[PDB]
Structure formats: C-alpha cells, structure tokens
Enquirer: 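Structure with darunavir attached for reference.
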2 protein chains.
Amino acid sequence: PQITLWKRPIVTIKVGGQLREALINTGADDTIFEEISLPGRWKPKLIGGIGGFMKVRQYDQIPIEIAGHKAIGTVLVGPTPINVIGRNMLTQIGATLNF
Amino acid sequence: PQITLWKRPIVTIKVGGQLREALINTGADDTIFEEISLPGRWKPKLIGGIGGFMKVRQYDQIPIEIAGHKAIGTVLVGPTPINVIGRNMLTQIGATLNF
Ligand SMILES: CC(C)CN(C[C@@H](O)[C@H](Cc1ccccc1)NC(=O)O[C@H]1CO[C@H]2OCC[C@H]21)S(=O)(=O)c1ccc(N)cc1
Ligand SMILES: CC(C)CN(C[C@@H](O)[C@H](Cc1ccccc1)NC(=O)O[C@H]1CO[C@H]2OCC[C@H]21)S(=O)(=O)c1ccc(N)cc1
C-alpha cells in the first residue's frame, strides 16, 4: 500500500495468533508491543536511555503480518503506551519513504 | 527520493538560514529543532504528556527545505535531544510510506 501521513499511520498487525493495532514509526529502531504471549526463549533488554531505561522481553525471530505483508524479526514485549512497528520490521517488508 | 530504512532516516534540512540534520519520523506529529533562531511571533506550547511535558516555542508558517523539497509549517524550538521532521511537514512534501 501507499500510506499518506495526514493521520497517525496506525495499521492492523497479525502477531502471536492475535490482532493488534500499531503505529508505523520510522523514528523507532525496534518493534514493541504491550503484553502479548510469544513463542521461544526471551531475554531481558533495557531500552531507551533518554531519561531512563525500560526493561522489556526480547523475542527473536517472530513472524508478523503488517497490513498483509509477512516479516520476521525481533519483537520486544513490555509496558509501552503505544504499540510500534519500527525499522527492524519495516525493512523486512520493503517499506520506503517516498517523495 | 526513495529512502530505505536500514539506517535511521536522517536528512539535511534548510531552516532559518542554517543547515541542520533531522530524523524523518512518521511517529511524530510535530517537527522540533533544538535551538535555532526563527522569524515571527512565537507562543509557548507544552508538548508530550507521556511522563511529563516539555515547554517549547511554537513558530508558525516557517519555510523549510527537506532534502530539496520546500514545506511551510509549524516548527517547535526547544530542548529536544534529536531534531525531528514530523508528519506536519511530511504531508507538505507529499511524503508517503510505500510497500
Ligand atoms: C521505547 C518505547 C517504549 C517508546 N518510544 C520512545 C522512546 O524511544 C524514547 C524517545 C524519546 C526521544 C527524545 C526524548 C524523549 C523520548 N526514548 C527513550 O529513551 O525513552 C526513555 C524514557 O523512559 C524509558 O521508558 C521508555 C524508554 C526510556 S518509540 O517506540 O520510539 C515511540 C516514539 C514516539 C511515539 N509516539 C511512540 C513510540
Ligand atoms: C517531543 C520530542 C522532544 C521527542 N519525541 C518523543 C516524545 O514524543 C515522547 C515519546 C514517547 C512515547 C512513549 C513513551 C515514552 C516517550 N512523548 C512524550 O510525551 O515525552 C515526554 C517525556 O518528557 C517530556 O519531554 C519530551 C516530551 C515529554 S519525538 O519527536 O516523537 C521522537 C521520538 C523518537 C525519537 N528517537 C526521537 C524523537
């Protein structure tokens, strides 16, 4: 698809056998969801650093479907106020910015 | 241009008779630069809200050139750690996300 930016670019995601809404965020290195059960072994990760750190669970090699397109990558699970699709996943779907 | 997302999408901006680097950020509603002198009347604005607020100077109707393309819009000036081009400006240049 082609997504214009007059509204926040929030899209439907398939992840962990569930559906979630998430913000497509070119400003985010990583993809993070609030609390979802995912498969495999996780490890703790501290993220952020600008004013403090948030501890999250890092799951690698998670399949997601982002508005119809399949991606595999790292998904962080933790107490984010806003689910986010970051560049790690956007590269996998071939997302570009165009003007 | 077409910008891939394997690196942070940082681009050269012309603003206030100066050059700055800024992050193209689809996750940001607004455009914010660290401290730059701009023309016109500003007003204070509190931004954020997620953990606290940052007070910034809001300048309206500021021309910028974002990798070659002219945009006019609101520019916030304040103590951001990272200069950001947000959706307010991205819509003016016709920036889209495509996959
Ligand atoms: C890490 C996520 C929970 C949230 N994100 C913001 C985060 O990257 C901020 C971005 C940031 C940049 C400049 C100034 C303030 C915040 N950086 C940061 O270090 O925040 C710290 C704040 O306390 C800790 O808890 C979260 C991470 C740690 S994000 O995915 O990029 C993001 C960015 C903007 C929006 N609207 C929604 C999500
Ligand atoms: C407002 C700017 C200074 C910074 N931005 C982050 C900001 O939107 C966070 C985004 C955010 C989202 C979820 C969790 C934490 C932070 N939201 C927020 O309310 O932050 C508050 C923190 O203290 C105050 O100072 C800054 C604004 C106030 S941002 O332009 O979207 C931005 C986002 C990510 C990066 N890497 C760089 C910039």
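Chain A is the first sequence line, chain B the second, and so forth, proteins listed ahead of strands; every chain is numbered from 1. Side chains included, hydrogens not; waters and symmetry mates left out as well; all remaining heavy atoms used. Counting starts at 1 for both ligands and their atoms, following the listed order.
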Enquirer: Name, as the PDB entry does, the macromolecule that darunavir (ligand 1) contacts most in this entry.
Expert: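 The largest contact count goes to Protease.
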Enquirer: Which other chains make heavy-atom contacts with darunavir (ligand 1) shorter than 4.0 Å?
Expert: A, B
Enquirer: Nearest to atom 28 (C) of darunavir (ligand 1), what protein heavy atom do you find, and at what distance?
Expert: A/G52 O, 3.3 Å
Enquirer: I'd like to know whether darunavir (ligand 1) has B/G27 as a neighbour, heavy-atom separation below 4.0 Å.
Expert: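 Flag set, B/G27 near darunavir (ligand 1).
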Enquirer: N/O of A/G49 under 3.5 Å from N/O of darunavir (ligand 1), yes or no?
Expert: yes
Enquirer: Starting from atom 33 (C) of darunavir (ligand 1), what is the nearest protein heavy atom, named by residue and atom, and what distance separates them?
Expert: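 Atom 33 (C) of darunavir (ligand 1) sits closest to the protein heavy atom A/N25 ND2, 3.5 Å.
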Enquirer: In the protein, which heavy atom is nearest to atom 4 (C) of darunavir (ligand 1), and how far is it?
Expert: A/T80 OG1, 4.6 Å
Enquirer: Could you work out, for atom 18 (C) of darunavir (ligand 1), the closest of A/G48, A/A22, A/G86 by heavy-atom distance?
Expert: A/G48
Enquirer: Regarding darunavir (ligand 1), does A/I50 bring an N or O atom to under 3.5 Å of one of the ligand's N or O atoms?
Expert: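 So darunavir (ligand 1) has an N or O lying under 3.5 Å from an N or O of A/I50.
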Enquirer: Give, by chain and number, every residue with a heavy atom within 4.0 Å of darunavir (ligand 1).
Expert: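 The binding site of darunavir (ligand 1) (heavy atoms) is A/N25, A/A28, A/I47, A/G48, A/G49, A/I50, A/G52, A/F53, A/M54, A/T80, A/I82, A/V84, B/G27.
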Enquirer: Which protein N or O atoms sit under 3.5 Å from any N or O of darunavir (ligand 1)? Give atom names and distances.
Expert:
{"from": "darunavir (ligand 1)", "atom 1": "19 (O)", "to": "A/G49", "atom 2": "N", "distance (Å)": "3.2"}
{"from": "darunavir (ligand 1)", "atom 1": "19 (O)", "to": "A/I50", "atom 2": "N", "distance (Å)": "2.8"}

